[PDB]
Amino acid sequence: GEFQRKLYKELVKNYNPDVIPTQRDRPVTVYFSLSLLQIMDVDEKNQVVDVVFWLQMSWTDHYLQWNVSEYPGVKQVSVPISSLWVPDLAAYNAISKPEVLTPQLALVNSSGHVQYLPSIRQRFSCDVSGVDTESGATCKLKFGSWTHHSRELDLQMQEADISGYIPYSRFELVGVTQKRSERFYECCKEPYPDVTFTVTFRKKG
Amino acid sequence: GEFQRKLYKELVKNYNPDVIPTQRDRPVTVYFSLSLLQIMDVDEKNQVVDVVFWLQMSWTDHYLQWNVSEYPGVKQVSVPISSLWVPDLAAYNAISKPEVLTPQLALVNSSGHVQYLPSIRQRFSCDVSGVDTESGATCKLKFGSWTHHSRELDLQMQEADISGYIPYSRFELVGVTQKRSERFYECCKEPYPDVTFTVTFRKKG
Amino acid sequence: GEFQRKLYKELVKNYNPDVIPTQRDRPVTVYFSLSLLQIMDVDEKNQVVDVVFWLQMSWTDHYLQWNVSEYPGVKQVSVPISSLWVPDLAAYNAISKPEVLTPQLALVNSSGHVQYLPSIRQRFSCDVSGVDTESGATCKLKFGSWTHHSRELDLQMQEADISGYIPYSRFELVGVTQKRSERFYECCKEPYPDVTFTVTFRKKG
Amino acid sequence: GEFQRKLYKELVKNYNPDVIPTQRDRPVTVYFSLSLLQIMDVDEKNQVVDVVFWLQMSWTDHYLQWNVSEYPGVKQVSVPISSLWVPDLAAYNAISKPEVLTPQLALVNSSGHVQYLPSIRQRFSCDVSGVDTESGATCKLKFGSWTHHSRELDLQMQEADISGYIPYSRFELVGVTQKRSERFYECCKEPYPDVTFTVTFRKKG
Amino acid sequence: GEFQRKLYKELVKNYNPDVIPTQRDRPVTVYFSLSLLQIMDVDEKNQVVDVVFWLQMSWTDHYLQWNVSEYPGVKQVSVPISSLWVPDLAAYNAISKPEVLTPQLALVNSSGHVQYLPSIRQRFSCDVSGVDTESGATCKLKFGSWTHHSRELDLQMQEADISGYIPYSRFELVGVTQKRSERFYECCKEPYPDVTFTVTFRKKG
Ligand SMILES: *[C@@H]1O[C@H](CO)[C@@H](O[C@@H]2O[C@H](CO)[C@@H](O[C@H]3O[C@H](CO)[C@@H](O)[C@H](O[C@@H]4O[C@H](CO)[C@@H](O)[C@H](O)[C@@H]4O)[C@@H]3O)[C@H](O)[C@H]2NC(C)=O)[C@H](O)[C@H]1NC(C)=O
Ligand SMILES: *[C@@H]1O[C@H](CO)[C@@H](O[C@@H]2O[C@H](CO)[C@@H](O)[C@H](O)[C@H]2NC(C)=O)[C@H](O)[C@H]1NC(C)=O
Ligand SMILES: *[C@@H]1O[C@H](CO)[C@@H](O[C@@H]2O[C@H](CO)[C@@H](O)[C@H](O)[C@H]2NC(C)=O)[C@H](O)[C@H]1NC(C)=O
Ligand SMILES: *[C@@H]1O[C@H](CO)[C@@H](O[C@H]2O[C@H](CO)[C@@H](O)[C@H](O)[C@H]2NC(C)=O)[C@H](O)[C@H]1NC(C)=O
Ligand SMILES: *[C@@H]1O[C@H](CO)[C@@H](O[C@H]2O[C@H](CO)[C@@H](O)[C@H](O)[C@H]2NC(C)=O)[C@H](O)[C@H]1NC(C)=O
Ligand SMILES: CN1[C@@H](CC(=O)c2ccccc2)CCC[C@H]1C[C@H](O)c1ccccc1
Ligand SMILES: CN1[C@@H](CC(=O)c2ccccc2)CCC[C@H]1C[C@H](O)c1ccccc1
Ligand SMILES: CN1[C@@H](CC(=O)c2ccccc2)CCC[C@H]1C[C@H](O)c1ccccc1
Ligand SMILES: CN1[C@@H](CC(=O)c2ccccc2)CCC[C@H]1C[C@H](O)c1ccccc1
Ligand SMILES: CN1[C@@H](CC(=O)c2ccccc2)CCC[C@H]1C[C@H](O)c1ccccc1
Ligand SMILES: O=C(Nc1ccc(F)cc1F)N1CCCC1
Ligand SMILES: O=C(Nc1ccc(F)cc1F)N1CCCC1
Ligand SMILES: O=C(Nc1ccc(F)cc1F)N1CCCC1
Ligand SMILES: O=C(Nc1ccc(F)cc1F)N1CCCC1
Ligand SMILES: O=C(Nc1ccc(F)cc1F)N1CCCC1
Ligand SMILES: O=C(Nc1ccc(F)cc1F)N1CCCC1
């Protein structure tokens, strides 16, 4: 509609997608969770697990807000992530580049809340030696901001979800636990937060 | 000719490929069809199917129209899709990025009706365990807008089409059925339409 | 050369590589031919053939012409194809993207006659079951414009040659034909022409 | 934040990422170290080794400094490396392009000190024939500036690190040594400095 | 440094990387050579060999010259090849795109001499059916400009190298010869020079 056009113009001026949208003191809080969809493969020789999953990232970008009074009907807009600042979350123990399976777009409402919900295929380092046993094998999928510490970027866990796991896989999904951690490094002076998704699974039969 | 060069200049000014061309109350209706061309391969271990198919996707963009009186010959033009808003249809259950096999162009007539017809190869998660039986295997191929809900993007199926199926494949294409659904997700007030193609196939013999 | 730089500045202005250079009624005629260099592989299970070939394409672009008296000694120039309008020719039964093996450069002369001669590797759907019989297997490689019809892009054939076929192959050429047809499609008001290269081959032994 | 934005605009002006940030005879000194994390593969037939490893690279770009007085909260920023000059370190004996696993962002402080810490998977030519022996196999990973000599880019080792190596590897990591060299190629007067990591490893059990 | 920055703004204005820098009666002479590093694979079924090699390409571009007097400490600079005119040297019998293994940078001195030294992995068509014999197998790596004849681009050989070959390769390198030819291609009045590197090798025993 004619109003979305008007809005793109206003929101786009001065906007810089390379600059994390902090405000005086307040870090950007980034809510994060992972839903396991499928375990594509297990490589018992090179110790790697190949998985497809869905990620929810949401946060508030205060530069991306508007009064609905000035833009009737416009409650939300779809925005290519290349035009937005987005959390630089990385899988700390990945051994392959993430392959994003879905359109690289984010939903953004009038409050400047942003939802990026990408589906991803990625391989990880893991001891899968236990996959053929009753105890199964346990893989940690550990994520955190690559370059923003806790006081710029405040990573928080959202309630996880296992309802998405495909029933006909050859791998039974035993469980998925979720943990938020925070540590300093001898390197930098600020602490860094991470979220680890611990997945346990075994071969059916 | 000279008129196509002219038309381009006009259509290009004030055109934003990031803004879905809705028309106040009116959602953009997107006609969608999938023609299965070839089942390339079946991974019975990891439960995936590898298919080549032709998508037919058409919709009306009203910022892309022109009075033919003013541009004598030009009845339609070929436009690189990277310059157009295109519906953000995701393959809900793809486990690989799509490989587009054909030139990434769309046709547009003077009513702003756009046709984009890519040929695509892609791998999908599927229970293929029945492939060697009479009943065969059944794969659902599920697509929907990733970010736009029903009142923004109205997805419409067109007729099932198996005429394009290669006759010399190792798999017999039993049938393809089609269902449209409007799913509600907990998060949102508005439902998101999805079109699912169900194809049933078995090894020949 | 200074005259080549002058000529660049002249041709580049107002040039638009997204507009087919038709010239009032007259279609752009495109000459096309394919010469087979090697058959790299045959996949008898999935019915695909893997080939390396050399295309010759030629057409006239009337915005690329110059007075040679005005640019002494400048008879042709090399132009990256990304800067030009190029025919949107597609392989109708390709099952992979074309991998281009040579520099993406076209030769352009003062008449505006363009020549583009890519060597290409690509995979095609084909019934190859006959590959090990004396009769051999027959693949059709079908090419045409993807969006332009007869009256906009007149595809014509140039005579085939098999002298470029590598002689130390495991596959032996048994028959080759090249034919231009003009079919209607289940949609568009106007007919679309194609050139089809029909190659018959078999294993040596 | 608001000072970050202002800093952005101030830093980009006249910044040229193709220009090495030397300053009057003083070469830009580049600190460099490699943390081996995983040995993905060993090919005893083609003599290649596949490794995942963590590069630490740091240097000073005096065009990137600012006064924290002028920019109150801002002590450091995250910059996409594609916006920066970066050392042209080449892997001398690599047989495959590097796959970068991590977000391609560098950290810059108010002194103009850049830290770039990419995780990388890459394959290298190496004699791995000794892999099955008690003596193990030895691979040399040789890096260096591809085009800048000693007096332009001063490559310096930092403290190496073995802590990152995964325990559940099927390869045992005997030793990693770390040497700097300076080689004169018969082309130039100046030498070109290279840092080399020599890792000795063998199959377990 | 201050002067490399100055020299950049100077060179970039009035530089066109699409125009071969010929002068009247003066072809751009391009010195070419190949150092074979490793034979990675031999495919006796499909008749391809897979090689890693180092190319030396050097030539002069009168548009990249400067006077060291006006740029006091600047003898040479590192320029991305994407920014420069580069010879369109092609591999005639390549069956795959070349994988460039090293940074895509060229050294340019003040007299306009350009040096470009890429490391490359590429697959070539070749009769390797004799790789198991005493007589060995012989491959012809044929390179030449794809669009410039002798009077525009004068391809010349430099003396090659074999010392770069790896001694633990599974293949014993026997010999490498160099030959510069001039072909006429009947389409064209002017001849087209190529450089061919003949290499003979065998499995080790
Ligand atoms: C651009 O391409 C689009 C896609 O093909 C073109 O679309 C169509 O235009 C049709 C009319 O020109 C339109 O027609 C039917 O339209 C009505 C149904 O909603 C219906 O009222 C019409 O009946 C007509 O009714 C009388 C009584 O029988 C008929 O005799 C007349 O033919 C009337 O036209 C039509 O049945 C159709 O809906 C529309 N398709 C889409 C997908 O929008 C569009 O015209 C093209 N532009 C140009 C300039 O060619
Ligand atoms: C825009 O999006 C945000 C995030 O969904 C909305 O915030 C939530 O609204 C629910 C319902 O009122 C609350 O229970 C949550 O506490 C809110 N979450 C957050 C992160 O604030 C926000 O209200 C939306 N704005 C509009 C105009 O609806
Ligand atoms: C910016 O980062 C640099 C690099 O860490 C800091 O510099 C060093 O300073 C520490 C003490 O703070 C010394 O121990 C190191 O030897 C220095 N390293 C180098 C190579 O310079 C610097 O402190 C930071 N700048 C600011 C303004 O905090
Ligand atoms: C530019 O190239 C074209 C194609 O070679 C030249 O073209 C035409 O004239 C030739 C005989 O003089 C014919 O052999 C060609 O078939 C014909 N081509 C077409 C499609 O028109 C033309 O001479 C060249 N221009 C100049 C000035 O040399
Ligand atoms: C720029 O580079 C060229 C190539 O190295 C330099 O060239 C040549 O000069 C040498 C002596 O310095 C001669 O021995 C070579 O025969 C000659 N070869 C070539 C390629 O021309 C040249 O001196 C350099 N220019 C400057 C300004 O130093
Ligand atoms: C990148 N690193 C911190 C920075 C930092 O450590 C660092 C900074 C400066 C110098 C040396 C190291 C920032 C937060 C993430 C953390 C990641 C972890 O190191 C790491 C390294 C290699 C593989 C996996 C994980
Ligand atoms: C993305 N989601 C809807 C929105 C939404 O969920 C959502 C929106 C906002 C907040 C939280 C969740 C939009 C339409 C598609 C749907 C997709 C499905 O989740 C899904 C995800 C992964 C695999 C299969 C299916
Ligand atoms: C693309 N199509 C014509 C255009 C058109 O059909 C079309 C145009 C507009 C709307 C609907 C259909 C142009 C000529 C090629 C033809 C292709 C063939 O369908 C096809 C489809 C899928 C695989 C192989 C071949
Ligand atoms: C690129 N070369 C030096 C320059 C130079 O040699 C050279 C420069 C100009 C002319 C002739 C030779 C710079 C430092 C690296 C060195 C690379 C090594 O040769 C090499 C080539 C191929 C594989 C492994 C190693
Ligand atoms: C491109 N061609 C010459 C030009 C030319 O032939 C040509 C020019 C104009 C019209 C028709 C043919 C220029 C020099 C290289 C040569 C390439 C060789 O043909 C060739 C083609 C395909 C695979 C291997 C080799
Ligand atoms: O793209 C946008 N905004 C936007 C997109 C689509 C719409 F319909 C309306 C919009 F406002 N932005 C990029 C950077 C900030 C905003
Ligand atoms: O590119 C176009 N339009 C266009 C393309 C090719 C033509 F021959 C004529 C045209 F008008 N657009 C991109 C943005 C708006 C339309
Ligand atoms: O110019 C074009 N179409 C076009 C686009 C890309 C190509 F490669 C070739 C083309 F012809 N048109 C102008 C009228 C609409 C189509
Ligand atoms: O690139 C060119 N033209 C061109 C290229 C190389 C030359 F030596 C001289 C030239 F004129 N164009 C792109 C758009 C139209 C011309
Ligand atoms: O992008 C930047 N700087 C930058 C990035 C992110 C921020 F939040 C703030 C910044 F200043 N540069 C590119 C070239 C020069 C610096
Ligand atoms: O980028 C450059 N030149 C260049 C590179 C590095 C330097 F330190 C200084 C330079 F001038 N060019 C691209 C077009 C012409 C040269």
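So that the names make sense, note that chain A is the first sequence line, chain B the second, and so on, each numbered from 1. When a ligand or atom number is given, it counts from 1 through the structure's own listing order. Computed from heavy atoms alone, side chains included, the values below leave out hydrogens, waters and symmetry copies.
Considering atovaquone, midazolam, camptothecin, lobeline, the one found at ligand 8 is lobeline. Within 4.5 Å of lobeline (ligand 8), most heavy-atom pairs belong to the chain that the PDB entry identifies as acetylcholine-binding protein, neuronal acetylcholine receptor subunit alpha-7. Every other chain with a heavy atom under 4.0 Å from lobeline (ligand 8) is listed here: B, C. In terms of protein heavy-atom proximity, atom 18 (C) of lobeline (ligand 8) is nearest to C:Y185 CE2, 4.1 Å. Nearest protein heavy-atom neighbour of atom 2 (N) of lobeline (ligand 8): C:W146 O, 4.4 Å. Using 4.0 Å as the threshold, C:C188 has a heavy atom nearer than that to some atom of lobeline (ligand 8). Within the 4.0 Å heavy-atom criterion, both parts of C:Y92, backbone and side chain, lie near lobeline (ligand 8).
Residue B:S35 does not touch lobeline (ligand 8), judged by heavy-atom distances below 4.0 Å. Using a 4.0 Å cut-off between heavy atoms, C:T147 makes no contact with lobeline (ligand 8) at all. When the heavy atoms of C:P193, C:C187, B:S58 are ranked by distance to atom 12 (C) of lobeline (ligand 8), first place goes to C:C187. The contact set between lobeline (ligand 8) and B:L117, taken as ligand atoms under 4.0 Å from a residue heavy atom, comprises 5 (C), 7 (C), 8 (C), 9 (C), 10 (C), 11 (C), 12 (C). Every atom of lobeline (ligand 8) is numbered from 1 in the order shown, and the set under 4.0 Å from a heavy atom of B:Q115 is 9 (C), 10 (C). Heavy atoms of B:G164 come nearer than 4.0 angstrom to lobeline (ligand 8) in no pair at all.
Using a 4.0 Å heavy-atom cut-off, the binding site of lobeline (ligand 8) is formed by B:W54, B:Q115, B:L117, C:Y92, C:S145, C:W146, C:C187, C:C188, C:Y192.
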